[PDB]
Amino acid sequence: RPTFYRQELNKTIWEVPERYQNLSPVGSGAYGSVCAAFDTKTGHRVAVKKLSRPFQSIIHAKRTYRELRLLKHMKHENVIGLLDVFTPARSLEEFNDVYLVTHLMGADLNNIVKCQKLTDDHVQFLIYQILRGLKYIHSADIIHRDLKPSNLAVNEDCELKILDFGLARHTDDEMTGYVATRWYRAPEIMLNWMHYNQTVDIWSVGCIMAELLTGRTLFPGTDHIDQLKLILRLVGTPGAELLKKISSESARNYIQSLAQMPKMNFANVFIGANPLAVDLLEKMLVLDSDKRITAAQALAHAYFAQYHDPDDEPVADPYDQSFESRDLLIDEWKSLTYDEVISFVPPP
Ligand SMILES: Nc1ccc(S(=O)(=O)Nc2ccccn2)cc1
Ligand SMILES: [Cl-]
Ligand SMILES: [Cl-]
Ligand SMILES: [Cl-]
Ligand SMILES: [Cl-]
Ligand SMILES: [Cl-]
Ligand SMILES: [Mg+2]
C-alpha cells in the first residue's frame, strides 16, 4: 500500500498517493472534480478525477461500477485508457471514495476545427483514427453514444484519442434547444424511434467529418424538430421500408405528415471536397441505420488508402456486460467496485 497525503483544493479534501505531485484544479461536472498532477512513477502529466457521491443511490453505485469496468477494458492507441485507480480505504468497511487517473489531454477537436486551417490530408488522418478506435470499441459490443468534437483529444502531431463514453448520463434539459450536445446524434436515438445499436456512432462520425471539411456544423438545429427538418432536407424523407421499423405509431404518423423530399446531391453541398470524401459521407449519412457503412468497412474505403494497414487495426478482447441486466443492492455494487479497484494491474 502506498503512503497517502491530504490537501483541500477548492472546498474538497484530496487524499492521494505520494507519487502524484503539484495537484491543480482543471474543472468539475456533476460526476466529479478533476486535478492536473505530475506522476513521479511514470513521468507523465495526468488527470486525477475524484468521483462525487459514487454510492449515493443504486443508479449511482451501478454507474460507478460501469465506468470502472469500461475504463479497465479499453487498451487501444486511439481510445483513453486507465493509468491508475485508487482509494485511501484500508478495507471494504471504510470504502467511500474512488479516484481515476488518465493521461492529461490538452486540446480537443473544437480547438483545431475553429482555429486552424485543415488540408484534405489532415481530414483523412483524423477520421482514420476515429474509425480505427471505433472498430476496436464496436468489436467488444460497446456503443460510445456521445461522439462529438469536445469528446476527441488531439495533439500537435494530429494524433487522436476517443474519450467520455456515454454512461447513460445526459438529461432532457441537456438535449433541449440550440445545443452541441444534440447536433451529432442519430435521428433514431434523438426521437426514440427504435432500439438503437452501434450504427448510431457512424452517424456521429459523418457529422464530424462534414464539419472538418466545411468548418461549419452540419445540422445545427434550434430544437429536436428543426434538427430533424435539416436532416431530412439533406438525406431525403423515409421510404416504406424504414417507416415499418419505427416502433412508435405517433413517431410514424408525424413523419408521414411531412412533404416528401429526395436525397440532395452531396457534390453540390460539399463544394470542392475530394470526390472520395463525398462518396464516404454518402455511405455514413444514411437514414436507415441497417444500411450505414460499419467502422471495419470504412477503414477499407479508398479515401484512407495512404493510412489503411489491415495488420495494424486491432480488435478488443471479449467484454462481459452481463452485469447490465443484474438487480443488486447498493452495498453489492460497492463490493464489486472495491474488488475491481484492488485487482487493477497498471500498463507496462
Ligand atoms: N477532449 C478533451 C476533454 C477534456 C480535456 S482536458 O483538458 O480537461 N484534459 C483531461 C480531462 C479528462 C481526462 C484527461 N485529460 C482535453 C480534451
Ligand atoms: Cl506513492
Ligand atoms: Cl491513453
Ligand atoms: Cl475512502
Ligand atoms: Cl462538441
Ligand atoms: Cl470481460
Ligand atoms: Mg466531454
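The residues of the chain are indexed from 1 along the displayed sequence. Whatever order the structure lists them in is the order used to number ligands and atoms, beginning at 1. As a basis for the values below, the full set of heavy atoms in this structure was taken, side chains included, without hydrogen atoms, waters or symmetry mates.
In this complex, the main macromolecule engaging ligand 1, as named in UniProt, is Mitogen-activated protein kinase 14. What sits at ligand 1 is the drug sulfapyridine.
Residues contacting sulfapyridine within 4.0 Å (heavy-atom distance) are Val26, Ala47, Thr102, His103, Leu104, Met105, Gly106, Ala107, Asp108, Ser150, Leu152, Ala153, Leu163. Scanning the protein heavy atoms around atom 12 (C) of sulfapyridine, the nearest turns out to be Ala47 CB, 4.2 Å. Inclusion of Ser150 in the set of residues having an N or O under 3.5 Å from an N or O of sulfapyridine is warranted.
When only non-hydrogen protein atoms are considered, atom 13 (C) of sulfapyridine lies nearest to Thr102 OG1, 3.4 Å.
Counting atoms of sulfapyridine from 1 in the listed order, those under 4.0 Å from a heavy atom of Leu152 are 1 (N). Residue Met105 has at least one N or O atom closer than 3.5 Å to an N or O atom of sulfapyridine. Near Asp108, with a cut-off below 4.0 Å to any heavy atom, the atoms of sulfapyridine are 1 (N), 2 (C). Rounded to 1 Å on heavy atoms, the UniProt active-site residue in chain A nearest sulfapyridine is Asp164, 5 Å.
Atoms of sulfapyridine lying under 4.0 Å from any heavy atom of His103, numbered from 1 in the order shown and given with element: 14 (C), 15 (N).
Protein heavy atoms are found less than 4.0 angstrom from atom 3 (C) of sulfapyridine. Sulfapyridine is contacted mostly by residues of chain A from UniProt domain Protein kinase. The nearest heavy-atom contact from the protein to atom 8 (O) of sulfapyridine is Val26 CG1, 3.9 Å.
Here is the list of sulfapyridine atoms found below 4.0 Å of a heavy atom in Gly106: 7 (O), 16 (C). For atom 10 (C) of sulfapyridine, the nearest protein heavy atom is under 4.0 Å away.
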Distances for all N or O pairs of sulfapyridine and the protein under 3.5 Å?
from          : atom 1 : to     : atom 2 : distance (Å)
sulfapyridine : 1 (N)  : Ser150 : O      : 2.9
sulfapyridine : 7 (O)  : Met105 : O      : 2.9
sulfapyridine : 7 (O)  : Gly106 : O      : 3.4
sulfapyridine : 9 (N)  : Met105 : O      : 2.9
sulfapyridine : 15 (N) : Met105 : N      : 2.9

